[PDB]
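Heads up: chain A is whatever sequence line comes first, chain B the next one, etc. The residues of chain A that appear here are 377-565 by the PDB entry count, in order. Note that chain B is numbered according to the PDB entry, with residues 39-65, 86-388 shown in order. To match the PDB entry, the residue numbers of chain C are left as they are there, and the shown ones run 879-953, 964-1077. Whatever order the structure lists them in is the order used to number ligands and atoms, beginning at 1. This entry, so its header tells us, was determined using X-ray crystallography, 2.8 Å.
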Amino acid sequence: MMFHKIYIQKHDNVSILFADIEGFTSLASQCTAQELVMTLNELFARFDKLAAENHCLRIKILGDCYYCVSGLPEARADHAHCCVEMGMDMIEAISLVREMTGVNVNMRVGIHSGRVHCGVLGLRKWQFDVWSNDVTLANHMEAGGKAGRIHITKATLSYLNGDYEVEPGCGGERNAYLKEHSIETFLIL
Amino acid sequence: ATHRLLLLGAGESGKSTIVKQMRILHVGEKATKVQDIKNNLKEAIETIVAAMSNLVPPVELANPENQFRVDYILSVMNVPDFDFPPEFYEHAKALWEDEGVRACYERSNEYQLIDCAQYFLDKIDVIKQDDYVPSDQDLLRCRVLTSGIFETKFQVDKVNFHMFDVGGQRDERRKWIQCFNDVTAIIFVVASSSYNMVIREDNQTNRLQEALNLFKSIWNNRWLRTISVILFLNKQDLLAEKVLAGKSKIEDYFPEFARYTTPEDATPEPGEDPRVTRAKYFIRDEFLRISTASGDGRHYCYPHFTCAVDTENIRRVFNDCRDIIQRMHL
Amino acid sequence: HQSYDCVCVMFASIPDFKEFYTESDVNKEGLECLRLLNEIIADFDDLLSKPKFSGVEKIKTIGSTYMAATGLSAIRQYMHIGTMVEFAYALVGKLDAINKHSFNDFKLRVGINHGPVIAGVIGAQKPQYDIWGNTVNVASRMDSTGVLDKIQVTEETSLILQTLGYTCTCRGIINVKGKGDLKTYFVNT
Ligand SMILES: CNc1ccccc1C(=O)O[C@H]1[C@@H](O)[C@H](n2cnc3c(=O)[nH]c(N)nc32)O[C@@H]1COP(=O)(O)OP(=O)(O)OP(=O)(O)O
Ligand SMILES: Nc1nc2c(ncn2[C@@H]2O[C@H](COP(=O)(O)OP(=O)(O)OP(O)(O)=S)[C@@H](O)[C@H]2O)c(=O)[nH]1
Ligand SMILES: C=C[C@@]1(C)CC(=O)[C@]2(O)[C@@]3(C)[C@@H](O)CCC(C)(C)[C@@H]3[C@H](O)[C@H](OC(C)=O)[C@@]2(C)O1
Ligand SMILES: [Cl-]
Ligand SMILES: [Mg+2]
Ligand SMILES: [Mn+2]
Ligand SMILES: [Mn+2]
């Protein structure tokens, strides 16, 4: 009665994967505004497939940024490998639509594992989203990530049972936030 | 059943003192709080001496000798980790003894001076002992500003209470909102006595008037339209003293007090001075006009004349509250 | 999906919120913050249902930033431009209302610019509406680099606004990635 019914809900133990285009402006300084929107749509179309396969949930798309999250709708202990595999498949996905572009299109995967608060805000034009510091951090892995690789946090490495192989991403030196927050990053090999 | 109580009120209004009383009443650590007590003692003295030269007219010591002690107290004023050497206590007490210094203390409304001053200064010899153990009263007096939100849990006759404490100063008020949803009731604290003082935030806004405007803000809040407020008119002891002292009149800070005559339903205390009655109620009503104007019987206001440092007065009115929580099915 | 020749894009964010977000056990983990935001957004959405803002289109909300556009409801002439501006003032008038009741001091930052835009939908699983183009990020950058309680508009945008009875101050120059250095102006109130 006092505050509008908040359609929000906490969710512990999840994996949050962000992904952006390495140098999207360089990309736009070449092809028609239309062709971009098409390459884009093209990619994410293929993306949304991999997502539903890798047990992920697409959250939202902002131009050249795609961020889905494993660990939903229903809780899964396997929530980490999903995002990883998702990252994997995404890596090749972008690599194949690079053929059509005929231009340097590339990604930058960043994944941090933790807890979120998801739902939708406002009253009009609802769009599912996720909210949390871990979610902010996941976003910063995508930022302080490495082109073509998978930038996972130490938390994403602890839910991984190290079946994968990592190495110092040194993200602290590639992004302000990661440094200022003493974050040990790695990179799937 | 659990009742989440939020404590709201201006700075130094006495919010933390009530949560203290709740541990006193319904709930080796005293060791760490001795430091904080000494820190208070230091601030108290060093502030009064400081104000002497700045007040207008300034304040002269009654004993020129003390100047050196005055010079002492000031020199160590901003020291980081103070050893609290034996001399300190001597120099401190000395000054307190000085009639001129006390003259300055009497004009403490003209500057920012913590409440527990006189109380602690009057027991320098007690607090200086290195085998010194703080009495419950001393802990009640120990003033330590609260920044952030703190939740205390207690139980009364198996009825659970989740009490939320917050910062009263302006910069802190922005954190309050995080407890506005699912709250059961608001216990708004007011420093009745501070009718002749101004807040620290600008040293110009009257403290009482700050409470009023603040109360109005909570009462007429867009998210508290339904929540009833338990208004605590605290620091009654200080108010009475002030009223009886007759030094600073209320009509001089709040002229509307001049038009005021005491109410009918007024229930004074046994042998309570009519001027004190007339005053504390004038104050209460000022807060009632604020609540009366609006609300539409959606939420209500429950006044209480209180003294937080008094564990008895507090055990008393708190029950008056436990009732209204139950009686109103809140 | 089709394209347009003149749509007035607007970005409005509240930098002060990211700091305000606190995940403490007391506030149920930033929930109460999201609850306070939900109000802010809900409040801004209420503007859309007015008589003069009957031409505004809330596109999406990213983080604490509000993204609307005007002029999509088409196939004196740039009235929707000044309208998108009037909507900024609306948002602010509504933001200073919340502050009054949240004992806070939030400040909005605005970025308004127009020009051709490619409207349509992207994402294959659950498609969502969004507009694309240079016209877009330019207005976006007008915000990410704007000033609190100030609307940063490009020069073209500036010019018209004046014809519309507005005054403007040249902020100076700004390095818009890919578009080099541009000359922005602040809408003096
Ligand atoms: C001439 N530019 C374009 C022509 C047709 C379609 C898109 C563009 C374009 O470059 O749009 C940008 C935003 O409007 C657009 N964008 C961002 N968020 C949104 C969004 O939320 N909605 C829409 N519609 N577009 C968005 O994507 C782009 C990314 O901007 P960033 O500042 O985020 O650059 P970057 O992602 O870090 O890549 P970069 O060059 O360092 O590497
Ligand atoms: N004389 C007297 N002193 C009181 C009374 N209630 C509280 N105090 C004293 O007031 C001082 C400040 O109390 P406190 O509880 O810290 O205020 P607060 O509202 O919590 O303020 P803050 O700490 O957020 S800025 C303490 O020294 C305390 O002992 C009272 O009824 N009478
Ligand atoms: C709303 C609060 C807070 C702190 C929570 C959060 O996880 C975010 O919403 C994300 C990271 C997160 O929701 C994923 C999307 C996106 C678009 C990347 C957001 C912005 O960076 C937000 O910043 C802004 C602009 O508020 C941020 C960081 O803000
Ligand atoms: Cl007060
Ligand atoms: Mg306090
Ligand atoms: Mn990019
Ligand atoms: Mn991007």
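The drug or candidate drug modeled at ligand 3 is forskolin. In this structure the chain with most contacts to forskolin (ligand 3) is the one UniProt names Adenylate cyclase type 5. At a heavy-atom cut-off of 4.0 Å, the other chains in contact with forskolin (ligand 3) are listed as A, C.
The shell of residues around forskolin (ligand 3) (heavy atoms under 4.0 Å) is A:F394, A:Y443, A:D505, A:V506, A:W507, A:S508, A:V511, A:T512, A:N515, C:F895, C:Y899, C:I940, C:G941, C:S942.
In this entry, the label on chain C says Adenylate cyclase, type II. Lab note: ligands/ions < 4.0 Å from forskolin (ligand 3) = none found. Most residues contacting forskolin (ligand 3) in chain A map to the UniProt domain Guanylate cyclase 1.
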